[PDB]
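Report on one structure; see the data block that follows.
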Amino acid sequence: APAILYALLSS
Amino acid sequence: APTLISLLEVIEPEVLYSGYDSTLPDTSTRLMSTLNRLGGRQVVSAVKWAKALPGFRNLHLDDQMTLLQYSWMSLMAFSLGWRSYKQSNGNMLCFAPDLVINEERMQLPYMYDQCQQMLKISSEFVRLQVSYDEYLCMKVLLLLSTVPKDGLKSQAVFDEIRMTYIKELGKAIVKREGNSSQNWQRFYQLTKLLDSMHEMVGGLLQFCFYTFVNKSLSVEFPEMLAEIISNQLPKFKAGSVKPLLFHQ
Ligand SMILES: CC1(C)O[C@@H]2C[C@H]3[C@@H]4CCC5=CC(=O)C=C[C@]5(C)[C@@]4(F)[C@@H](O)C[C@]3(C)[C@]2(C(=O)CO)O1
């Protein structure tokens, strides 16, 4: 999974 | 109180600047690299925007990531089309206030074909005289227009949120003070524009992948886009991405 995108969505 | 449309207006991302240095002549490499950096920042803002959409965070996290991952190019190109429609009536591509691409600057390697495809998006706003509220509703539907062939983890939630914003687009149409027959034809024309985005965005994505895989072109990508592109790439060539069409 794209880390930056996931970090944004899970705060 | 508040109306859904009023909420979409206040969460719309502010336009970002490119910082492009036009002191010296343009090059296809420097221009594409600057646009990708700008694009990565706009996608971050798009994630912030999507998280504030009513209903979106009711989806499974994996579904939130899939939708944004499958539709980021269509969101960016649709917003570019809108900015170009309001700034130059579709005559120039307004990537950013400090980076406007007129018909001359498009005459660069790798630039012309893709920029003509994006002008065609802006010209559709012109032909149809799209309103801001119509545009905001259509842009949410783009986020909800590309899904995996095997479906989402929370399909029930997804189906209902998509209908919520289909109805909201209708409300935006009714605001134009038309009768029933006119509002249905208007809805038909706008859902046709949404369907056409899949093909017009296809060529933009195919070319984005091309510049990303062939490192010889020296095109720079931000980490945000690099991660998304590389994870998105094997899914397309495998044929597991299905668009959602209003008309077959
Ligand atoms: C050759 C050209 C013009 O077409 C391709 C599609 C372009 C995108 C179209 C939509 C958009 C709207 C903007 O406001 C800012 C950035 C982008 C995302 C974008 F511009 C840049 O992200 C650069 C892209 C990939 C692209 C590349 O593939 C470069 O690698 O450049």
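Here is how names work: the chains are called A, B, and so on, in the same order as the sequence lines, proteins then strands, and each is numbered from 1. Recorded method is X-ray crystallography, 2.1 Å. We count ligands from 1, going down the list as the structure has it; atoms in each ligand are counted the same way.
The macromolecule with the greatest number of heavy-atom pairs within 4.5 Å of ligand 1 is, in the PDB entry, named Ancestral Glucocorticoid Receptor2. PDB records give the name of the drug at ligand 1 as triamcinolone acetonide.
Other chains with a heavy-atom distance under 4.0 Å to triamcinolone acetonide are given as B. For triamcinolone acetonide, the residues with any heavy atom closer than 4.0 Å are B/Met32, B/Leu35, B/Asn36, B/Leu38, B/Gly39, B/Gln42, B/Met73, B/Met76, B/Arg83, B/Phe95, B/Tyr110, B/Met111, B/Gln114, B/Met118, B/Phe207, B/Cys208, B/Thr211, B/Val219, B/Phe221.
Protein heavy atoms are found inside the 4.0 Å sphere centred on atom 16 (C) of triamcinolone acetonide.
According to the PDB, the organism given as the origin of chain B is unidentified. Taking distance alone, with nitrogen or oxygen atoms compared against 3.5 Å, B/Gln114 stays at or beyond that limit from triamcinolone acetonide. Residue B/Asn36 places at least one N or O, backbone or side chain, under 3.5 Å from an N or O of triamcinolone acetonide.
Of the N or O atoms in B/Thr211, one or more lie within a sub-3.5 Å distance of an N or O in triamcinolone acetonide.
For atom 7 (C) of triamcinolone acetonide, no protein heavy-atom neighbour is found at a distance under 4.0 Å. When each atom of triamcinolone acetonide is checked for a heavy atom of B/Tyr110 under 4.0 Å away, the hits are 1 (C).
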